[PDB]
Amino acid sequence: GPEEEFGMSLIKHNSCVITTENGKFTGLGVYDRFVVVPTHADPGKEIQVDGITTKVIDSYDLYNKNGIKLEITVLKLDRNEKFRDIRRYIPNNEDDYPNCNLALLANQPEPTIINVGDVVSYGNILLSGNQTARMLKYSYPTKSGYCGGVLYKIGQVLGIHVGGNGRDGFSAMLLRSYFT
Ligand SMILES: *[C@@H](CC(=O)OCC)[C@H](C[C@@H]1CCNC1=O)NC(=O)[C@@H](CC(=O)[C@@H](NC(=O)c1cc(C)on1)C(C)C)Cc1ccc(F)cc1
């Protein structure tokens, strides 16, 4: 089945467990030594990538035009390994996406693929009191430990999981123009 194989491939080549003072998160390698984590992962001067202490050269928290956070932080890692370029899989615009999946690595016994169903561009939400913009919503009972999880569909890297309430799950949207 090509979409599930695409999912495991994306974890093999583009996923990693980013560890910070806040705990372990699924990091998504986007291109060269750039990786994204939830902004609430709160990455310091050094983070652990798959257990290896790594220095982060620069840390860029992503915000929309009106100053609201996107809950995406772009990390530029000090390390030899280069990530495969998945940018061509990233959407240029906001949209809705039926039958999506979530690729989990951190806090999981092993790389796990969860089907969260239909996804909708849901607008701004309040995560633990904090306004957050460009939210993809889905009706799936996502749990603690899922943050950083890569929302995807065959040939499509849609977003990274950042929150939920036992009922629904929310992902920070990935847009191509952010990785330019
Ligand atoms: C993922 C965090 C993680 O894995 O960290 C590893 C150390 C986690 C996923 C949720 C836990 C419960 N269900 C989940 O899917 N994210 C968080 O815990 C963030 C906080 C929340 O998600 C809160 N939820 C809401 O605020 C909320 C709002 C709506 C419309 O639906 N749910 C609950 C835990 C109360 C952590 C976080 C993220 C972003 C922030 F700006 C602040 C805090």
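We number chain A the same way the PDB entry does; the residues here are 1-180, in that order. Both counts, for ligands and for their atoms, begin at 1 and track the order of listing.
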Write down the drug at ligand 1. rupintrivir (bound form)
By the name used in the PDB entry, which chain has the largest number of heavy-atom pairs within 4.5 Å of rupintrivir (bound form, ligand 1)? type 2 rhinovirus 3C protease
With a heavy-atom distance limit of 4.0 Å, tell me whether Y146 approaches rupintrivir (bound form, ligand 1) through its side chain, its backbone, both, or neither. backbone
Most of the contacts with rupintrivir (bound form, ligand 1) on chain A come from which UniProt domain? Peptidase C3
Short N or O distance, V162 and rupintrivir (bound form, ligand 1), threshold 3.5 Å exclusive: yes
Enumerate the atoms of rupintrivir (bound form, ligand 1) whose separation from the nearest heavy atom of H161 is less than 4.0 angstrom. 9 (C), 15 (O)
In chain A, which UniProt active-site residue has a heavy atom closest to any heavy atom of rupintrivir (bound form, ligand 1), and what is that minimum distance to 1 Å? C147, 2 Å
Based purely on interatomic distance, does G164 place a nitrogen or oxygen under 3.5 Å from a nitrogen or oxygen of rupintrivir (bound form, ligand 1)? yes
Sub-3.5 Å N/O-N/O distance, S144 and rupintrivir (bound form, ligand 1): no
Can you tell me if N22 has a non-hydrogen atom under 4.0 Å from rupintrivir (bound form, ligand 1)? yes
Measure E71 to rupintrivir (bound form, ligand 1) on non-hydrogen atoms and call it side chain, backbone, both or neither using the 4.0 Å cut-off. side chain
For rupintrivir (bound form, ligand 1), is there an N or O atom under 3.5 Å from any N or O atom of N130? no
Quick check: what organism does the entry name for chain A? Human rhinovirus 2
For rupintrivir (bound form, ligand 1) and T142, I'd like to know whether there is a polar contact (N/O to N/O, distance under 3.5 Å). yes
From the structure as deposited, which residue atom takes part in a covalent bond with rupintrivir (bound form, ligand 1)? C147 SG
Does an N or O anywhere in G145 fall below 3.5 Å from an N or O of rupintrivir (bound form, ligand 1)? yes
Heavy-atom nearest neighbour of atom 9 (C) of rupintrivir (bound form, ligand 1) within options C147, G149, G148, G23: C147
I'd like to check which rupintrivir (bound form, ligand 1) atoms, numbered from 1 as shown, lie under 4.0 Å from a non-hydrogen atom of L126. 26 (O), 28 (C)
So is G169 in contact with rupintrivir (bound form, ligand 1), going by heavy-atom distances below 4.0 Å? no
Taking a cutoff of less than 4.0 Å between a non-hydrogen atom of the residue and any ligand atom, is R167 in contact with rupintrivir (bound form, ligand 1)? no
What is the residue-level binding site of rupintrivir (bound form, ligand 1) with heavy atoms closer than 4.0 Å? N22, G23, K24, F25, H40, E71, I125, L126, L127, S128, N130, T142, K143, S144, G145, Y146, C147, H161, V162, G163, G164, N165, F170
